[PDB]
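Overview of a structure with aminocaproic acid.
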Protein chains: 2
Amino acid sequence: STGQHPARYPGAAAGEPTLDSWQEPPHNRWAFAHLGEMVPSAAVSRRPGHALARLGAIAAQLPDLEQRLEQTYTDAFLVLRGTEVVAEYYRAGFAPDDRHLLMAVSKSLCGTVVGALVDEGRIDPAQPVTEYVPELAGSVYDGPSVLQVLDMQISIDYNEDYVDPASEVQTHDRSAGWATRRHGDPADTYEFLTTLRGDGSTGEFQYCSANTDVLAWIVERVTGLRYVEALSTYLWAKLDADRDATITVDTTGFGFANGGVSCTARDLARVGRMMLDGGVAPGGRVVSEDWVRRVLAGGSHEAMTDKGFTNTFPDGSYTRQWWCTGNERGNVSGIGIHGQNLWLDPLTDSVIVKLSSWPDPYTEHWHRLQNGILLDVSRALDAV
Amino acid sequence: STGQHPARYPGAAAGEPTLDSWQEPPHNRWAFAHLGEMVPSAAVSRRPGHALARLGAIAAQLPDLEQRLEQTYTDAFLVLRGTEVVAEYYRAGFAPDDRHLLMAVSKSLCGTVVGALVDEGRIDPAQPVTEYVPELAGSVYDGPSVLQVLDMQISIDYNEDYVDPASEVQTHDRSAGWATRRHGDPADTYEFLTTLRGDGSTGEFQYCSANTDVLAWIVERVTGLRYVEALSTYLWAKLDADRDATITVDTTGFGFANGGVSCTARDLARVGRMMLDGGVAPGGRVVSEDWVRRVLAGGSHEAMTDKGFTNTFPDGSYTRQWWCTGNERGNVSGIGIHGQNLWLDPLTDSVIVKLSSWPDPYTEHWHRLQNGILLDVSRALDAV
Ligand SMILES: NCCCCCC(=O)O
Ligand SMILES: NCCCCCC(=O)O
C-alpha cells in the first residue's frame, strides 16, 4: 500500500476514474472536462513550414549560430537578457507558441515547488523522507533526508540499461504510462518507488529520476494537492505565463514530475527570470532569496563523481534539482535528455532556453556541442 | 489490411510512433512537440468555485432556468442570438473557456468536413464507400453509398449492450483507446470497422457511431490528411475560434470522429453560427448553401423509425450527421450522450449550446427535460 493520495477530483475514490470508468457517474462530470488526462488526444488547430531565425544581436558575434542550432537538432531557442527577448529561433514546423517536452528540466521545476514549501515551513529538508511519506519505510528512501533526495545523494540499485525490460529505468516508464505495461509491473509510480532498494550509503551523487518523483509525492502529502495542481499553485500560476504547461500523468493522475512537463520556450524562460530575480515572479514570491542563493552556490563538489559532467565542469556539483557547472561564470542549468536546457547566466542577468530533439538521449558528442553553444551565447552577452 | 493512412508526421512509417517508440528517432522530433497525443496529460494552469449565471434577458421569461440547468447536470450553457451572446451559464468548477467533451455532437462536425469535400467535388455521396475505401470490401460497408453512411441508413449488426465486452459498442471503444484493450481486439479503429457485418439491407435509419468513423476514413483517403488535420483545415481553422479544439486519437493517431472532440461552449456556437449563415464562416466558406439547406430540410421521414426520437418529434428525421426535429420551428441539432446539444433555431437566428454530464448516457427522463429546456429557450427568443 502507498497510503493516501490526492483525489483526481473532489470526493473521488482512490484511483478513480480509470480508463474503464471515466464515463460513469460521478466521475464523468470531471472526466468530460479533462478527457486528455485519460485518453491520448490531439489539438485541432484554430489557426489556418519554415524556420524562424531572429538571432539579432548575438548573430554578429556568432555568424554560424543557426547552423550550430540545426546541427544540435534545435526545436526552440530563446535568449532572455534581463526582461527582454534578445534572440529567438524555431525550427520549421515548430511555432513560437508551441509547447515542447522538457524531460529532466522538469526536475528543476519540481525542486522549485519543494523550495516554496520549505519557505512556508511545511517541509524541513533535514527531516527523513519517511517523516512525510511513512509508506516508503523499508525502501531505499527509508533513512535518507529530504535534502539528500533534493541533492540526489542516495545510493540506489537503479539499472540504467533501458533495452532491458527488467531495468529500473524502463520499469519506471511503464509504471507511469510512458511505455506499454508488462504483466507484473507496479500499478502506478508510487508503487514503483516503494520497490527501490540500495545498500544504505548516502553522500555521493547518483542521478536517479525516481528521486524527483519522491519529491513530488512529499509535496502531495504535505499540501494535500495533486502534484499537477501544486506545480501550478506554487509555480506556474505565478509566472504570468502565456500558456498553461502540461504534464503527463500516470493511471492515478500523478504527474510524471521527473520529466513529463511540456511548455513554450518563452514561458520556460520565465522560470529562469524568477531565479535571477531572487525567487520573485510577477504573481508573487515563488521561493526565498536563500533558496535561490543556495542553488547558485552549488552542492558539495566531493559528492559529484559523474565524469560525464566533471570532464567539462571540473568544479561542478548538483543541488536542489539543478546542475551547477561551477565554472568561471557560475552557470547553473536545468538539463534534460535529447538536449533540453534552462540555462542561467547570472553575470549577464540572462536566461538561455534550448529545447531540442537529439536522436540520442545522451552522448559526449551532443553535450560537447550543446554546452559549446550555451557558453558561446553566454559570452556573447558580456559587455565589451 | 486497412490500406494507406496519413502518416503521424512527414515520412513516418505506418503506425509510428507507438507508446514504445516515441522517444526514438526520427519520431521524437514530432513526439516531443505533441506528447499529449501519446500519453495521457494534464494541464498545469497559468491562472491562480462558484457557478456563473448570466441568463440575462431570457431570465425574465424563464425564472427557474438556472435550477432547470442544474437539474439536467449542465456544465456549460450558451445562447447566441445572431452574432451576440445573450445568455450564459457555467457550473461551479467549470470556467467559461474550459473545454468539454462533445460526444456525438462530434458527428455533426465530421459531417461538415465531408460536406466541404463534396462542395470541392472530391467526394460524390452517390458513390459507394468502396470507391474511396476499397479495403471495406467484404464488410457491411461494401455496397452502401457515402450518402447512406451520412444519413445512417445501413443495417448493421451492432450490439448496443455495452456491459457485454463482446458487444460492438464496447469493442469500438477498446479499439480506439477509450477503454482498456482486451486480447484479440482490433488493433485500431480502421481494423474494427472492417469487422462489421449486416444483412445488406439499407434505407432505414440505424444510429451507429461506426458510420461516422467510416466518414472520417473517407475524408483521409480523399485528402491525404490525418482526420485531426482535416477537421482543422476544413472547419475549425475557419471559425476564428478562441481556442483549439481537441480530439482523442487511437494508437495510429486516428481521431475518434464519432465522439471524441472537446471544445469551449462559445467556440461550438461558432459552428452553429456558420450553419445559420448559409455555410460561411469568418475564415471563409465551410460548406455550400445547398449543403446547409439540405441539412435544415431533413432526411426521409419514413427512414426514421427510432421511437426514442419520434415520440417527441413525430415528423423528425436524420441527415448528414444532424438530427432534424421536423417541429414547427424547424429545429435541427447535433446531439451527444449525457446531454450534449448544438441546437439550431433558425426562426430566431439563434444557436443554443448545452454541454452536460447526466449520470446516464440516455434515458427518456433526461431527454424530456433537456428538450423541454431547449424548446423553452428557443421560444423565449421569439419576437413578442
Ligand atoms: N524515464 C523518463 C525520462 C526522464 C528524463 C530524464 C532526463 O531528462 O535526464
Ligand atoms: N462509444 C463512444 C461514445 C460516442 C458518443 C455516442 C453519442 O454521443 O451518441
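We name chains A, B, ... by the order of the sequence lines, and we start the count at 1 in each one. Heavy atoms only: backbone and side chains are in, while hydrogens, waters and symmetry mates are out. Note that ligands are numbered from 1 as they come in the structure, with each ligand's atoms numbered from 1 the same way.
Here, the main chain in contact with aminocaproic acid (ligand 1) is recorded in the PDB entry as 6-aminohexanoate-dimer hydrolase. The heavy-atom neighbours of aminocaproic acid (ligand 1) at a 4.0 Å cut-off, by chain: A. Between the choices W178(A), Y362(A), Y162(A), the shortest heavy-atom distance to atom 3 (C) of aminocaproic acid (ligand 1) belongs to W178(A).
Residue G336(A) has at least one heavy-atom neighbour below 4.0 Å for each of these atoms of aminocaproic acid (ligand 1): 8 (O). Counting the atoms of aminocaproic acid (ligand 1) from 1 in the order shown, those under 4.0 Å from a heavy atom of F256(A) are 2 (C).
Here the protein heavy atom with the shortest distance to atom 4 (C) of aminocaproic acid (ligand 1) is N258(A) OD1, 3.2 Å. Near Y207(A), meaning under 4.0 Å from one of its heavy atoms, aminocaproic acid (ligand 1) places the atoms 7 (C), 9 (O). Distance cut-off 4.0 Å; other ligands and ions near aminocaproic acid (ligand 1): none.
Close contacts between aminocaproic acid (ligand 1) and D173(A) involve ligand atoms 1 (N), 2 (C) [criterion: under 4.0 Å to a heavy atom]. Against a heavy-atom cut-off of under 4.0 Å, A104(A) is close to the following atoms of aminocaproic acid (ligand 1): 5 (C), 6 (C), 7 (C), 8 (O), 9 (O).
The site surrounding aminocaproic acid (ligand 1), defined by heavy atoms under 4.0 Å, contains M103(A), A104(A), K107(A), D173(A), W178(A), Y207(A), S209(A), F256(A), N258(A), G336(A), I337(A).
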In a simple table, one pair per line, please give the protein and aminocaproic acid (ligand 1) atom names for every N or O pair closer than 3.5 Å, along with the distance.
| unit_1 | atom_1 | unit_2 | atom_2 | d |
| --- | --- | --- | --- | --- |
| aminocaproic acid (ligand 1) | 1 (N) | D173(A) | OD1 | 2.7 |
| aminocaproic acid (ligand 1) | 8 (O) | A104(A) | N | 2.8 |
| aminocaproic acid (ligand 1) | 8 (O) | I337(A) | N | 2.8 |
| aminocaproic acid (ligand 1) | 9 (O) | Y207(A) | OH | 2.7 |

